[PDB]
Structure formats: structure tokens, C-alpha cells
Visitor: 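A structure from the PDB, with chenodeoxycholic acid included.
Heads up: chain A is whatever sequence line comes first, chain B the next one, etc. Here chain A follows the PDB entry for its numbers: 29-161, in order, are the residues you see. Here chain B follows the PDB entry, giving residues 165-253 in order. Excluded from the calculations below are hydrogen atoms, water molecules and symmetry mates; all remaining heavy atoms, backbone and side chain alike, are included. Counting convention: from 1, in listed order, for ligands and their atoms alike.
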Amino acid sequence: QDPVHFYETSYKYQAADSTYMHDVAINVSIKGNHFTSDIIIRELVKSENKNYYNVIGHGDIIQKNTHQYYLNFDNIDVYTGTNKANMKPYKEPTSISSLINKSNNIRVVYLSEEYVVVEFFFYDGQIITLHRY
Amino acid sequence: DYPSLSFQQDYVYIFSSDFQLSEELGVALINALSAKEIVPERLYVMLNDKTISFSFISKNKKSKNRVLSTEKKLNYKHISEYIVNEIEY
Ligand SMILES: C[C@H](CCC(=O)O)[C@H]1CC[C@H]2[C@@H]3[C@H](O)C[C@@H]4C[C@H](O)CC[C@]4(C)[C@H]3CC[C@]12C
Ligand SMILES: [Ca+2]
């Protein structure tokens, strides 16, 4: 019976040494306790787009309460390239490869029909708003 | 766990384990945004060990979401100034 729900947002990241910034688009779709997600990262390292990353992930989303969820990835794939039109597979670094071995915590701090605000596991802790569609 | 809600006033929601820092930053944010005549629908801020993040929510617009990595710890003034500049720009 589970209908598909769509979520989307973006954020910008400023590195500690401020030598680069990331513009990160997040798309996630949920059906029952299943999810698939696409994340696109545009790396600006000279005020100039010089790298792109595409991260695809899917797995289960488990509900502890109406405000507490966890993501159990079955697989995460990464692609890279200096042009979005010609992306190539990229060998997962063991750090990112190991996000599959951690139930990744998602805490809802505000829930609405048009958007949701969560604390989640990027950077070991990030607050973000996701828009519903 | 993630930090819980440690300061809340008007449109501001601060998530940090430092209650004193949370209030200092919350008051500084409210004063700085009023000085800019900027009123969010809601403004969520999360302070972590090596990162700050925030979500500026405005009615019928995409949220403005930001993350700042910090190796040096930033004081409440610099955090407030960062958020206020990112929301403006
Ligand atoms: C693997 C590449 C390249 C890293 C490198 O080897 O230099 C990373 C560059 C940007 C990262 C992503 C980016 O920082 C945003 C996310 C952050 C989060 O902590 C992990 C997943 C992320 C989605 C993450 C996954 C790994 C990449 C895609
Ligand atoms: Ca993989």
C-alpha cells in the first residue's frame, strides 16, 4: 500500500581551510521502509567547477518513533568526473565504503506536510530542511 | 547522539550541548537579524565539535542550508556573523 514520498534539498559546505566549497544536492525517495537516494556534489576549488561527484545509495529506513529513524544502506556507489555528462565509476574510499556498516541516525526535529527538519549523519552531525514532493 | 534543543526564542532554534553558548548565539542572532530587517519563518542552528550548520526557512522558498567546517573553535560572534552573511548573500 505504501506510496512513494519524495524529498529534496541542497546545501553549501565551506571547508575548514576555506580552499574549496561544495554545493550539494540531496534527493531521497521513500516507499514503506525502503529508500533510494541520489546526491550530487559540485566542487568549487577556485571559484570554478573543477570536480563533480555522484553518490547513489539505497537500503532500508527503519522507524523507531515518528521522530527517530535510521538508514541501513545495502550499497553506495560513487561516480566522478570533471563534466556531468561523462561521469566514471570511482573506487569508494574505505571511510565512505564503511557508511554501510553503521545504522545512520536521522532525528526529526520538525515535521510538516511540506517539509521536514532533521539532524542527520553527514559530517557526523548536520541540521537541514528537506522539502516534500 | 546529536545535541538537543538548547535555546529557543521566536524563530530561532539552537541545537548544542553548550547551554551558555546557545543563549549567547541565540540573542546575538536575533539582534543581528533585526538589524538587517531579516525575519526567517524558522532558523535552525546546530553546533558540533568540528562543524556548524544552519537551515534558514522562508515561506514558499527553498530553505538556505549551510555547513561550515571549523578546526579552530569559533566564538558566538563569529558564528552569528557567519550565519547572517550566508543568509544575506
Ligand atoms: C569520495 C569523494 C572523494 C573523496 C576523496 O577521495 O578525496 C567524496 C567527495 C565529497 C564526498 C561527499 C560529501 O562530502 C558529502 C557527504 C558527506 C557525508 O559525511 C558522507 C557522504 C557524502 C555524500 C560524501 C561522500 C564521499 C564524497 C563523494
Ligand atoms: Ca558500492
Visitor: Name every ligand number or chain letter assigned to chenodeoxycholic acid.
Guide: ligand 1
Visitor: Which chain forms the largest contact interface with chenodeoxycholic acid (ligand 1) when counted as heavy-atom pairs under 4.5 Å, and how does the PDB entry name it?
Guide: VtrC
Visitor: Can you give me the letters of other chains with a heavy atom under 4.0 Å from chenodeoxycholic acid (ligand 1)?
Guide: A
Visitor: I'm curious, which organism is chain A from according to the PDB?
Guide: Vibrio parahaemolyticus
Visitor: Can you list the atoms of chenodeoxycholic acid (ligand 1) that are under 4.0 Å from a heavy atom of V83(A)?
Guide: 28 (C)
Visitor: Does chenodeoxycholic acid (ligand 1) have an atom that lies less than 4.0 angstrom from a heavy atom of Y118(A)?
Guide: yes
Visitor: Give the residue and atom name of whichever protein heavy atom lies nearest to atom 20 (C) of chenodeoxycholic acid (ligand 1), and the separation in Å to one decimal.
Guide: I124(A) CD1, 4.2 Å
Visitor: Starting from atom 19 (O) of chenodeoxycholic acid (ligand 1), which protein heavy atom do you reach first, and at what distance in Å?
Guide: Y151(A) N, 3.1 Å
Visitor: Which protein heavy atom lies closest to atom 12 (C) of chenodeoxycholic acid (ligand 1), and at what distance to 0.1 Å?
Guide: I69(A) CD1, 4.0 Å
Visitor: Is it true that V52(A) lies under 4.0 Å from chenodeoxycholic acid (ligand 1), counting heavy atoms only?
Guide: no
Visitor: Below 4.0 angstrom, counting only protein heavy atoms, does anything approach atom 2 (C) of chenodeoxycholic acid (ligand 1)?
Guide: yes
Visitor: For chenodeoxycholic acid (ligand 1), which atoms sit closer than 4.0 Å to a heavy atom of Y39(A)?
Guide: 15 (C)
Visitor: Heavy atom under 4.0 Å from chenodeoxycholic acid (ligand 1): found in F150(A)'s side chain, backbone, both, or neither?
Guide: both
Visitor: List below, pair by pair, the N or O atoms of chenodeoxycholic acid (ligand 1) and of the protein that are less than 3.5 Å apart, including the distance to 0.1 Å; reply 'none' if no pair qualifies.
Guide:
from: chenodeoxycholic acid (ligand 1); atom 1: 6 (O); to: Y118(A); atom 2: OH; distance (Å): 3.0
from: chenodeoxycholic acid (ligand 1); atom 1: 19 (O); to: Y151(A); atom 2: N; distance (Å): 3.1

